[PDB]
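Summary heading: complex between darunavir and POL polyprotein.
Lettering of chains follows the sequences in order, A, B, ..., and the numbering in each one begins at 1. Order of listing sets the numbers, starting from 1, for every ligand and every atom in it. Keep in mind that the numbers below use all heavy atoms, side chains included, and drop hydrogens, waters and symmetry copies.
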Number of protein chains: 2
Amino acid sequence: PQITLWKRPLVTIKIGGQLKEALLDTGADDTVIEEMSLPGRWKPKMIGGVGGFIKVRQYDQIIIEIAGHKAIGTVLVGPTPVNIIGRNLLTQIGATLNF
Amino acid sequence: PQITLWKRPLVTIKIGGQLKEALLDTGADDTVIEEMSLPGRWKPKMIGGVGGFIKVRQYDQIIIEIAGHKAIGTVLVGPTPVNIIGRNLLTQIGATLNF
Ligand SMILES: CC(C)CN(C[C@@H](O)[C@H](Cc1ccccc1)NC(=O)O[C@H]1CO[C@H]2OCC[C@H]21)S(=O)(=O)c1ccc(N)cc1
Ligand SMILES: [Cl-]
Ligand SMILES: [Cl-]
Ligand code: NA
């Protein structure tokens with residue numbers, strides 16, 4: 001698809017068998033999702049945005065469908081205000097910015 | 001141009017007579033620049049992201065040149081850790097996400 005930016009670029013994702021809404025975010029290095037259960041071990045990480053930093057849980061090699069495209073990669077879990085698909089998984093689905 | 005997302009999508013902008021580097025950020029509703037002077041009226045605003053909220057000055061009808069493309073709109077000025085070009089100006093340069 002070609003997604004314009006007049007509204008938020010929200011898509012459906014599927015993770016752990018559950019559908020969620022997430023933002024395609026070229027300003028995010030990292031995918032970060034709201035609190036949920038994921039399999040395996042996690043590692044600590046801090047991520048910093050406009051209001052400061054938060055602690056998140058880093059899960060690696062997580063299966064996640066994004067707008068119907070399959071990705072397998074790192075998902076951060078923590079008190080983000082919105083689910084965000086960052087560049088680590090945008091590259092897996094072949095996304096580019098065009099103007 | 002077509003900008004891949006292996007690295008942060010940074011571009012050169014011109015704003016208020018000044019050249020700056022800024023992030024093309026589809027996850028940002030609004031454009032937010034580090035502290036600088038801009039002419040004209042402003043009003044205070046709070047914007048929230050990961051980490052919480054910051055207080056900014058909202059300047060309307062500001063012209064910015066973004067990687068060679070002129071646009072006008074609202075620019076928020078405050079203690080953002082990174083200069084961010086948000087959707088309000090991305091739309092004006094015809095930026096899309098494609099995959
Ligand atoms: C500020 C950026 C350099 C980094 N952010 C991504 C950014 O796109 C967020 C993503 C985002 C979106 C909604 C809520 C929180 C964060 N947008 C944002 O802060 O935009 C603000 C300006 O316009 C407003 O519209 C959205 C909030 C305001 S971030 O959310 O802090 C973040 C940082 C690191 C990772 N790995 C993932 C996300
Ligand atoms: Cl605007
Ligand atoms: Cl358009
Ligand atoms: Na103005």
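- Tracing darunavir through the model gives ligand 1.
- With a cut-off of 4.0 Å on heavy atoms, the other chains touching darunavir are A, B.
- Darunavir has an N or O atom lying under 3.5 Å from an N or O atom of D29(B), backbone or side chain.
- Looking only at protein heavy atoms, the nearest one to atom 38 (C) of darunavir is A28(A) CB, 3.6 Å.
- As stated in the entry, the source of chain B is Human immunodeficiency virus 1.
- Below 3.5 Å of separation, one finds no N or O of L76(A) facing any N or O of darunavir.
- Heavy-atom distances between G48(B) and darunavir reach below 4.0 Å in at least one pair.
- In terms of polar-atom proximity, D25(A) is counted as a contact of darunavir, with an N or O under 3.5 Å from an N or O of the ligand.
- Only the side chain of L23(B) comes within contact range of darunavir, with a heavy atom under 4.0 Å; no backbone atom does.
- Nearest protein neighbour of atom 34 (C) of darunavir, counting heavy atoms only, is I47(A) CB, 3.9 Å.
- Between the choices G27(A), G27(B), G49(B), the shortest heavy-atom distance to atom 26 (C) of darunavir belongs to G27(B).
- Residues in other chains coming within 4.0 Å of darunavir by heavy atoms are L23(A), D25(A), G27(A), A28(A), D29(A), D30(A), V32(A), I47(A), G48(A), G49(A), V50(A), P81(A), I84(A), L23(B), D25(B), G27(B), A28(B), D29(B), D30(B), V32(B), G48(B), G49(B), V50(B), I84(B).
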